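The model presented next includes ZK200775.
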Amino acid sequence: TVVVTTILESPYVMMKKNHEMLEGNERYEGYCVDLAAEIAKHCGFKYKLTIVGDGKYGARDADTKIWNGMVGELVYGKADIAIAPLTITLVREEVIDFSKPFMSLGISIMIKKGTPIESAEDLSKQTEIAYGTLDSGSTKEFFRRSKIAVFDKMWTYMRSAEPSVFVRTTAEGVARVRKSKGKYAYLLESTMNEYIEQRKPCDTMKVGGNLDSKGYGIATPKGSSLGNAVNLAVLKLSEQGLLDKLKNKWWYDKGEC
Amino acid sequence: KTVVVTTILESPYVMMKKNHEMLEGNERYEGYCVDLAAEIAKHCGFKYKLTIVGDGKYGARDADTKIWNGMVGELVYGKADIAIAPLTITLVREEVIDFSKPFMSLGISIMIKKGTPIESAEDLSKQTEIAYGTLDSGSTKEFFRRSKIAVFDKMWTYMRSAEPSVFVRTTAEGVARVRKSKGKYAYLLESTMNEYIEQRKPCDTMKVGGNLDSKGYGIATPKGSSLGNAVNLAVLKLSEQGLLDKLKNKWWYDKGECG
Ligand SMILES: O=c1[nH]c2cc(C(F)(F)F)c(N3CCOCC3)cc2n(CP(=O)(O)O)c1=O
Ligand SMILES: CC(C)S(=O)(=O)NC[C@@H](C)c1ccc(-c2ccc(C#N)cc2)cc1
Ligand SMILES: N[C@@H](CCC(=O)O)C(=O)O
């Protein structure tokens, strides 16, 4: 049985409202739950979905040097595959493998409606409105490493801001936007931002274009016997239209806003 | 050893400079993929020679002979070390060569003559006054032939049965058809080429609607080549540093003719 690490992040993996009456994989629903089923079918394996123990995507701890989150679960042999909104990055590709992308995204800005910010440059040129990112993910590392003038200015501020502008979970960042009376903006991936913007309480907005352009991939440990097959499966699902079918299903706008 | 790069003359990826007769070797060429090749080579620490694929093809396997043509063939049969071109990452190609993570995103898109009352594939599908079509052979046609989506299947049925033929042999013919048809022909093609042509004089074409699918172009190496890892890491670095975005802007918009 293949151990699949993943993360509770809507609409990728979500606990069903009736999860108590259910066991195993049937406890969960979402884009990545459907994707896991399709990959497993095409690759011919049985699997168990497991939510990442520390609730993190994955970064290499600065002093400790140890990987956390889903990345760490792969690196240290606790899981066989990650099927999640896990961003393909250079530092990760040094220690794990990724399929070609199954979904596009870029870093984006979420504000509470009415916040006088329209761009990353707007954020960088002021301090009245605080802004931050998720801990232990690709967005924070993006800002840490960027030499683009605006993004570097943003990083210089975020790293030293106090109270801390970083959050432990996407939900914490979104809640902070909603409760901060326009004084906190959140930097998060466009396909989470967009999902949230279309749903009640309809009090957030995505502003400006995306800051970058990348993708999520299915990740395996180096030398995994699954790597090649999983990549070909993603490509087949892409060419079959299945990935777009799943995206359109899970991001379907029911017109709540 | 000098790395043999296979590529293709496709604008704005690779083209011969106006003064190419005064120049030699790689200096003869310019474009997005010429710039990309230099950055990849710098990061990987190799010298290289740009060579143009003999048959002018990207790469497909003949059903009868089983022979791979194009740049894919050059890699498969060990004639080139790397392909640096707008080469689409596909299942059948990934089975025989290695690809880097993609350096560019693309999808099927709609080109209209400015003024045409069409904003989407669904708009096209509902009508016949504005004819529409694509290359008579290729991935866009096959997308429509396979599609289970109602709108796209209706478009396929329309295109396959339309008289006169709504298909074209080349993009040059497709674009000329859009420009000469007074708004009565729309052309379906990859977003990247649509965006490029939107920036060419006489500035009378327009990309409309969202892309209908999602794919990527990648750098390819022979399967199991030891160059593959460094190349992939170089692509990831160039992506994260914003260099790929700079290159797209340079060749599509800074050198664009339409504002
Ligand atoms: O790997 C591939 N890369 C391709 C790259 C391009 C370009 F856009 F120019 F970069 C194009 N064009 C489509 C529009 O008309 C001009 C040429 C075709 C490509 N094809 C064949 P397709 O997939 O049948 O279209 C491939 O196979
Ligand atoms: C980390 C980066 C080098 S990357 O993200 O690997 N590639 C850089 C970008 C510009 C890109 C991003 C995404 C897709 C894509 C391809 C296919 C499907 C599907 N289905 C969805 C998205 C293509 C190119
Ligand atoms: N997808 C990101 C998590 C979200 C973010 O960093 O904004 C990752 O893989 O790290």
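Every chain is numbered from 1, with letters handed out A, B, ... down the list of sequences. Each ligand, and each atom within it, is numbered from 1 in the order the structure gives. The basis for the numbers below is simple: all heavy atoms, side chains too, and nothing from hydrogens, waters or symmetry mates.
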Ligand numbers or chain letters for ZK200775 | ligand 1
Which chain accounts for the largest share of heavy-atom contacts with ZK200775, under its name in UniProt?
-> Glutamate receptor 2
Other chains near ZK200775, heavy atoms under 4.0 Å | B
In this structure, which residues build the binding site of ZK200775 when a heavy-atom cut-off of 4.0 Å is applied?
-> B/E10, B/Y13, B/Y58, B/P86, B/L87, B/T88, B/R93, B/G138, B/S139, B/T171, B/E190, B/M193, B/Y217
Polar atom proximity, B/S139 to ZK200775 (N or O, under 3.5 Å) | yes
Protein heavy atom at shortest distance from atom 3 (N) of ZK200775 | B/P86 O, 2.8 Å
Would you say ZK200775 has an N or O under 3.5 Å from any N or O of B/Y187?
-> no
If you restrict chain B to its UniProt L-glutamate-binding residues, which of them have any heavy atom nearer than 4.0 Å to ZK200775?
-> B/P86, B/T88, B/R93, B/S139, B/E190
Which protein non-hydrogen atom lies closest to atom 27 (O) of ZK200775, naming both residue and atom, and how far is it?
-> B/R93 NH2, 2.9 Å
Those atoms of ZK200775 less than 4.0 Å from some heavy atom in B/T171 | 14 (C), 15 (O), 16 (C)
